[PDB]
**Q** 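We have in hand a structure of Cyclomaltodextrin glucanotransferase carrying acarbose.
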There are 2 protein chains.
Amino acid sequence: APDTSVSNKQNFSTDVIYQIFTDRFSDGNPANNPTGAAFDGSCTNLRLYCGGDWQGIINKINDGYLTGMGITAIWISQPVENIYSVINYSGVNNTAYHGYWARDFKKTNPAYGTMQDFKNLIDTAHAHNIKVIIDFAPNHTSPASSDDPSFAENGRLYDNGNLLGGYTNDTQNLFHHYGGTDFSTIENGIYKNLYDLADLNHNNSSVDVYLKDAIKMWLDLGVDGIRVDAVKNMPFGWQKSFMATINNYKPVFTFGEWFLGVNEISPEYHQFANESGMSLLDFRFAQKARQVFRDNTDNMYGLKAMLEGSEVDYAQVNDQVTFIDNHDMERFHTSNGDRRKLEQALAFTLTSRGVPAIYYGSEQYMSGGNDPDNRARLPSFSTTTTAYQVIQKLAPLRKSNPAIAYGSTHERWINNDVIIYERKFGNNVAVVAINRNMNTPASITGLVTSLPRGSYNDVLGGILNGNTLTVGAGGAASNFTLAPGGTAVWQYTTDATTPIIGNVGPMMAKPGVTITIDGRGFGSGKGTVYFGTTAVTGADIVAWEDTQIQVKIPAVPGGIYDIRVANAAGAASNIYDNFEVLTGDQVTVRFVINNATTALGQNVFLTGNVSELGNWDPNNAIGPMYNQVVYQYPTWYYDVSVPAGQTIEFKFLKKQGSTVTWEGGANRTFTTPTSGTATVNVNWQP
Amino acid sequence: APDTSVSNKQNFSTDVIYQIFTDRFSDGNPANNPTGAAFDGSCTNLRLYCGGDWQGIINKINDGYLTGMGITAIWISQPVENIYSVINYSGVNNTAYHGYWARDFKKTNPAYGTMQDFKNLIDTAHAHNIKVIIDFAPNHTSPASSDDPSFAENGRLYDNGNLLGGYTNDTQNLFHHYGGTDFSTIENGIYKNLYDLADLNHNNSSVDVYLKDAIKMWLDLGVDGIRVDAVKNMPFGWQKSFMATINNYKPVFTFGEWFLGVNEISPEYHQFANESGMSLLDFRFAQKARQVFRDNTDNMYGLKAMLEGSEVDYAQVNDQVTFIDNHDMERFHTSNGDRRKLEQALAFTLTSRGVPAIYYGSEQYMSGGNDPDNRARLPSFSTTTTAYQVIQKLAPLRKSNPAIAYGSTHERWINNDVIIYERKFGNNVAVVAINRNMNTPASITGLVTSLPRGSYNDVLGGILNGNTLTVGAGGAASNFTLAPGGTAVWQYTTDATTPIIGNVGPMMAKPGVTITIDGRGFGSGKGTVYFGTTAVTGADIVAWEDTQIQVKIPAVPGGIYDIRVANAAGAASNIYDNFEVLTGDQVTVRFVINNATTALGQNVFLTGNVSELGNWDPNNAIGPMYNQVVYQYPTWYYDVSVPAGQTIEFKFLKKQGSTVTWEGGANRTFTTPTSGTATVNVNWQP
Ligand SMILES: C[C@H]1O[C@H](O[C@H]2[C@H](O)[C@@H](O)[C@@H](O[C@H]3[C@H](O)[C@@H](O)[C@H](O)O[C@@H]3CO)O[C@@H]2CO)[C@H](O)[C@@H](O)[C@@H]1N[C@H]1C=C(CO)[C@@H](O)[C@H](O)[C@H]1O
Ligand SMILES: C[C@H]1O[C@H](O[C@H]2[C@H](O)[C@@H](O)[C@@H](O[C@H]3[C@H](O)[C@@H](O)[C@H](O)O[C@@H]3CO)O[C@@H]2CO)[C@H](O)[C@@H](O)[C@@H]1N[C@H]1C=C(CO)[C@@H](O)[C@H](O)[C@H]1O
Ligand SMILES: C[C@H]1O[C@H](O[C@H]2[C@H](O)[C@@H](O)[C@@H](O[C@H]3[C@H](O)[C@@H](O)[C@H](O)O[C@@H]3CO)O[C@@H]2CO)[C@H](O)[C@@H](O)[C@@H]1N[C@H]1C=C(CO)[C@@H](O)[C@H](O)[C@H]1O
Ligand SMILES: [Ca+2]
Ligand SMILES: [Ca+2]
Ligand SMILES: [Ca+2]
Ligand SMILES: [Ca+2]
């Protein structure tokens, strides 16, 4: 089918996402509204339920509010049954309106709707070519105190009605009981509790398989994307087996939230987008967009350096979800901030690389500080605001112009307040110029672009003071003055003769899984797909057409591969690297090693004979291991995704700068379980 | 040996060439100086012999003038025996001092020296790590009038003293007798005479074989490169069979002169570079450099556009020879003009991509107009000029820092008067910042770089008012003020672990010849070289070390191939593409089709079953064929290089944009000659 079908659950860079807090969007059904102290239909107390639901979203798809805007993906609040208690916190009553305090991951939150109401949402979203992404927060259940079993619902977890257990009297260790995080360390934030949320224990096999059974249930019900919550606060090894579970079952675009501060460039964050099997919410993009476009704490050079840098650091930059604000940040639009700032910042995000996500109500210039003030009910469904209009005009360019969906970003002109950048994919190009200065016009002299000769009309129709572009000989454009606050988008589209790959999804799966390669120039005749130098042709290509091919991963050795396409005429595409073929189905195993004594700067790592363990290469070893919380030094521990039901060989080692110290002895061996969890507890062999 | 060795004849990106007009450099042997009419020892008359010779260049390698400047290659006037005539042109006497009026391509010009002095030049140069590039001028012989046999030497051509023929009464048709070129079309500039020069006819098997035998004997005297003259004015197809003759016998770096004027961009120019097997003097670069640093008829965004654009248009940009002036244009330094512009532009060229050439005497701020004023004798052998010191500081960096020699160019900061660009290859980095404004200081803010945090000396030692750079977190540099006329070079080197290809020479050749791949990170142990999915290893990798491997071209089908290296440890490199494997040795065949009547913009083309003929792909067919000078429309003719000694199958087609009207009938067949030429003459088949 084409790369732009609503059935393409694997790649979303042709989409624009509208992030909906279900409770604050629309109350389509008042008979499902909570009662008593859990409810506030005036929505003046923002920690209470206001009554918004799935029928209210079906209604704004149907009446065209969402479709009118060009929105093609909806990201909604976690669908799962939540705790019913009203919790008092320092006098303030609080409810589970946000969907984040779960108790049964196999049932719906009935304030949102029934199971039949979720199905009706998927079906009318799909009938209108909209994809449905759900939040999923497998890190925890609900507010709990083991000391006080009567507080809230004591973190209790049920499997489709059947109690599994609570936080007080956790004889099964379904939950972590280490106290709360102080956020000092990644380890500390993983194993300790977030605030007061009862931390699930993913190393318990019942928690492991129930959470994996539950996500399969939501995939069976037709969801197309998953935003997983607090990715920083779960074991990365467990997350990779969770990701292999959805990728080997029904791969859908999955991305996670790892929060990043203002000028924080974090290595682990990038490693996580590059290696977990899910992409990330692009906080680096988001924080620099607000520094340049909102707060003027950085300029266009900062903007350029971030777009250039991120194209290298994320192995698949076209998979990162970009945004200018969301539910954890103060709204972009301030009380005294010019609306042009919001409008340009949205235009930027809509024509930039990635998968743009728009927080509900941006188009209605909502302002408000941090939680809960950034989650007010949206004030109006006016369809004629300037912001509604810039998204209406630009969001469809992601489906029609493959340069916006998949192209590289080239800065063609710049100064402190102006950047004009070019997105290019094959022969398709889009050019956008923006002048963030609202007093001073900009004299553009010497712009050259890849546009063929012509007089390009600004796709924004002049609503942000854009203009026509007259491109002469050799893509050189005639000089113009960009208006103060001006933003213009100029574009050109054509057929590609060369295969050009713009995106592949999933990026990690075992042999036999159908991968989806999207781009242009594949031609209509079944060509060749290369995993390294292995070639799939014929029947292993389950589907071929100019924009999309679907093909089964061949039975190659686990490891990571470059993908390449050849059309039926033998012309070959660009290389799409970092594809991970897995040795098979995964299981997460805890590795505990006692008496691994280390000097300062020395850490224990794990390596082994399968690609998941680095294939005996010390540079690709699993680690640094942890040694503070679940076990303390010199015991080190780590949860590592590993091939299920196989005997693997492995050894530990210590690394200090360039020096590697392997443990002596023979190779340790271990037969992994087929499902669940396992722990290997061993002692340093000198 | 390593990439930077003086024995690397295939690639020159690590070199700095010094273009010497042999006659105007140094007279080291007066006894071989011309007498009386052909000579002027005061060299007051720039059209007569002044005396400069190969012995004088040997003295300048020996006494330290050239090696002290960091020059690593020398390009000298054509070595070949020229006519002895003093020609009159308007009562202005004129001699062959420039070496361009050949008589015999197998003897030396006695004013320069003997074959014995030419061996001494090769040997003193190599002994001092300087490569020797000779001009070769195969388009023509010398001024000739067929009407008047006594003018000059009637363009007579000798074969090692044995007369072959003169222009008057050329019965064995050695020359073209179509009149002179008005430069109206490429076809007209090729087959008609350039000025009064008896134009050689490459379709004559005698001239085709003699010219190839002569180039081979200078490859046999140990020349390291060849600048071939007037590449525009000879048939592509013949120059390709000539390139295949050099590359299948003793590959050395060869590049042509295809003159190009200001703001001029020819597609045929970039097609020649990309498809001939030779590269080109980079007139695109040189013309924009003079506009920005000499003449002020463009600014930094223009420079920026040229750098960005040449990087995608030139398939192998690292092989283009750059310069800011030469013998066919006015010298860059203007009389009583600002020296700092010369110094700045010299520093610009020295740190930019390609292979830089310096016109002799630039370091002595030689002024002069067009021919012959730009070839006055070098007036000083001063080693302390700032232009001398600038070349001495920066020329070495092309051997030491691979970012300068092979790296990509990326603008990092810019405005009308300032560019700071960064060269990047692996983690080796060079950042050069130039302020062409000689009056205004520039404040740089927002410079983000790829250098590690630290403070960086200007390698020019501040002689061009450059400064010390301090780099903080994430490559962001501290605010600074680039002086008026400030030029500053800051750099970072570190060993590459993983293999990176920076250059490949030759780029076109039959199976069995040894190519040179240069870069970093290849390691000390043989790994694999791919030509397509064809892995080449062991005995065929003739040599392998970290910066250079040499390997024999596999017995693959004729076609263009991507080259990729995987070091012993399996880490694979970037792809170097557009490599052409010839089906075999080459002969230029003239194809002539009669009665091929076309429509509006319908052109005739040739295609056949070898890769040389596009392998039956209409989108790759040879053409559009010619039809004015040698044969007239509706007869079309084209000189195509084809594999020697086999039955090619061909057909002709007409292309109306995307319509291909094919000949009917059956596929034609012809057995090519093994050496020499042939002409196939046929009529359109409906
Ligand atoms: C449960 C919580 O989940 C999401 O936020 C995550 C982040 O994705 C995760 O990376 C981490 O980020 C925090 C960051 O480390 C810290 O420096 C910054 O100051 O705050 C970030 C956000 O809290 O932590 C949280 C996981 O705890 C959602 O985006 C959050 O909205 C969501 N919040 C819940 C939790 C509480 C209390 O149970 C409610 O007050 C809140 O309304 C609800 O949304
Ligand atoms: C004497 C020596 O004994 C063990 O040797 C190591 C290798 O040195 C190391 O490269 C590693 O190689 C992997 C191998 O490439 C792979 O094919 C195989 O299947 O798996 C290996 C890793 O499991 O492993 C081998 C052993 O299999 C020790 O591990 C070495 O450290 C040891 N050398 C040092 C270190 C210590 C250990 O504390 C001393 O006991 C020893 O005397 C000293 O020589
Ligand atoms: C033999 C001659 O060849 C080289 O220079 C040539 C170019 O190869 C050729 O393309 C042509 O360039 C002109 C270009 O094609 C045209 O479109 C442009 O507008 O103008 C260009 C010239 O201004 O002509 C040049 C030379 O004009 C060498 O680089 C030359 O040095 C070389 N010169 C010889 C030839 C003559 C004629 O007998 C002497 O006057 C001259 O001194 C001598 O050096
Ligand atoms: Ca409701
Ligand atoms: Ca956790
Ligand atoms: Ca002499
Ligand atoms: Ca010619």
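Each chain is given a letter, A onward, matching its sequence line's place in the list. Note that chain A is numbered according to the PDB entry, with residues 1-686 shown in order. Note that chain B carries the PDB entry numbering, so the residues on display, from first to last, are 1-686. Remember, it's 1-based here, ligands and their atoms both numbered in the order they're listed.
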**Q** Where, by number or letter, can acarbose be found in the structure?
**A** ligands 1, 2 and 3
**Q** Can you list the other chains with a non-hydrogen atom under 4.0 Å from acarbose (ligand 3)?
**A**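 Counting heavy atoms only, the chains are B.
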**Q** Write out the residue and atom name of the closest protein heavy atom to atom 17 (O) of acarbose (ligand 3), then the distance separating them to 0.1 Å.
**A**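 Result: B:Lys232 NZ, 3.9 Å.
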**Q** Which atoms from acarbose (ligand 3) have a heavy atom of B:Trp101 less than 4.0 Å away?
**A** 38 (O)
**Q** Looking only at distance, does B:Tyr89 have an N or O less than 3.5 Å from an N or O of acarbose (ligand 3)?
**A** no
**Q** To which of B:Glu264, B:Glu257, B:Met234 does the heavy atom nearest atom 5 (O) of acarbose (ligand 3) belong?
**A** B:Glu257
**Q** Just going by heavy-atom distances, which of B:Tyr195, B:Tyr97, B:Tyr100 is nearest to atom 11 (C) of acarbose (ligand 3)?
**A** B:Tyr195
**Q** Which atoms of acarbose (ligand 3) sit under 4.0 Å from any heavy atom of B:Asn233?
**A** 9 (C), 10 (O)
**Q** Taking distance alone, with N or O pairs closer than 3.5 Å, would you say B:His140 contacts acarbose (ligand 3)?
**A** no
**Q** Run the numbers for me: atoms of acarbose (ligand 3), each under 4.0 Å from some heavy atom of B:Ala230, listed by number.
**A**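 The list of qualifying atoms is 8 (O).
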**Q** Considering only the protein, which heavy-atom contact is closest to atom 3 (O) of acarbose (ligand 3), and what is its distance?
**A**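 Answer, as residue, atom name and distance: B:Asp229 OD1, 3.0 Å.
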**Q** Consider acarbose (ligand 3): state whether an atom of it lies below 4.0 angstrom from any non-hydrogen atom of B:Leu197.
**A** yes
**Q** So what's the organism behind chain B, according to the entry?
**A** Bacillus sp.
**Q** For atom 44 (O) of acarbose (ligand 3), tell me which residue out of B:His327, B:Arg375, B:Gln78 has the closest non-hydrogen atom.
**A**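 Of the listed residues, B:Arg375 has the closest heavy atom.
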**Q** Could you tell me the residue and atom name of the protein heavy atom closest to atom 18 (C) of acarbose (ligand 3), and the distance to it rounded to 0.1 Å?
**A**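 Minimum-distance protein heavy atom for atom 18 (C) of acarbose (ligand 3) reads B:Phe259 CD2, 4.4 Å.
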**Q** Which residues make up the contact shell of acarbose (ligand 3) at 4.0 Å, heavy atoms only?
**A** B:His98, B:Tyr100, B:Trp101, B:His140, B:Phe183, B:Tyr195, B:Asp196, B:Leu197, B:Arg227, B:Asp229, B:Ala230, B:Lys232, B:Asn233, B:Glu257, B:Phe259, B:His327, B:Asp328, B:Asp371, B:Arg375
**Q** Pairs under 3.5 Å, N/O atoms on acarbose (ligand 3) and on the protein: can you put them in a table with the distances?
**A**
{"residue": "acarbose (ligand 3)", "atom": "3 (O)", "partner": "B:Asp229", "partner atom": "OD1", "Å": "3.0"}
{"residue": "acarbose (ligand 3)", "atom": "3 (O)", "partner": "B:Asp229", "partner atom": "OD2", "Å": "3.3"}
{"residue": "acarbose (ligand 3)", "atom": "5 (O)", "partner": "B:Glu257", "partner atom": "OE1", "Å": "3.1"}
{"residue": "acarbose (ligand 3)", "atom": "5 (O)", "partner": "B:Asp328", "partner atom": "OD2", "Å": "3.2"}
{"residue": "acarbose (ligand 3)", "atom": "8 (O)", "partner": "B:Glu257", "partner atom": "OE1", "Å": "2.8"}
{"residue": "acarbose (ligand 3)", "atom": "10 (O)", "partner": "B:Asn233", "partner atom": "OD1", "Å": "3.4"}
{"residue": "acarbose (ligand 3)", "atom": "24 (O)", "partner": "B:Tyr195", "partner atom": "OH", "Å": "3.1"}
{"residue": "acarbose (ligand 3)", "atom": "27 (O)", "partner": "B:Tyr195", "partner atom": "OH", "Å": "3.0"}
{"residue": "acarbose (ligand 3)", "atom": "29 (O)", "partner": "B:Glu257", "partner atom": "OE1", "Å": "3.4"}
{"residue": "acarbose (ligand 3)", "atom": "29 (O)", "partner": "B:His327", "partner atom": "NE2", "Å": "2.7"}
{"residue": "acarbose (ligand 3)", "atom": "29 (O)", "partner": "B:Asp328", "partner atom": "OD1", "Å": "3.1"}
{"residue": "acarbose (ligand 3)", "atom": "29 (O)", "partner": "B:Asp328", "partner atom": "OD2", "Å": "2.7"}
{"residue": "acarbose (ligand 3)", "atom": "31 (O)", "partner": "B:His327", "partner atom": "NE2", "Å": "3.3"}
{"residue": "acarbose (ligand 3)", "atom": "31 (O)", "partner": "B:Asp328", "partner atom": "OD1", "Å": "3.1"}
{"residue": "acarbose (ligand 3)", "atom": "38 (O)", "partner": "B:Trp101", "partner atom": "NE1", "Å": "3.0"}
{"residue": "acarbose (ligand 3)", "atom": "42 (O)", "partner": "B:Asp371", "partner atom": "OD1", "Å": "3.4"}
{"residue": "acarbose (ligand 3)", "atom": "42 (O)", "partner": "B:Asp371", "partner atom": "OD2", "Å": "2.9"}
{"residue": "acarbose (ligand 3)", "atom": "44 (O)", "partner": "B:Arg375", "partner atom": "NH2", "Å": "2.8"}

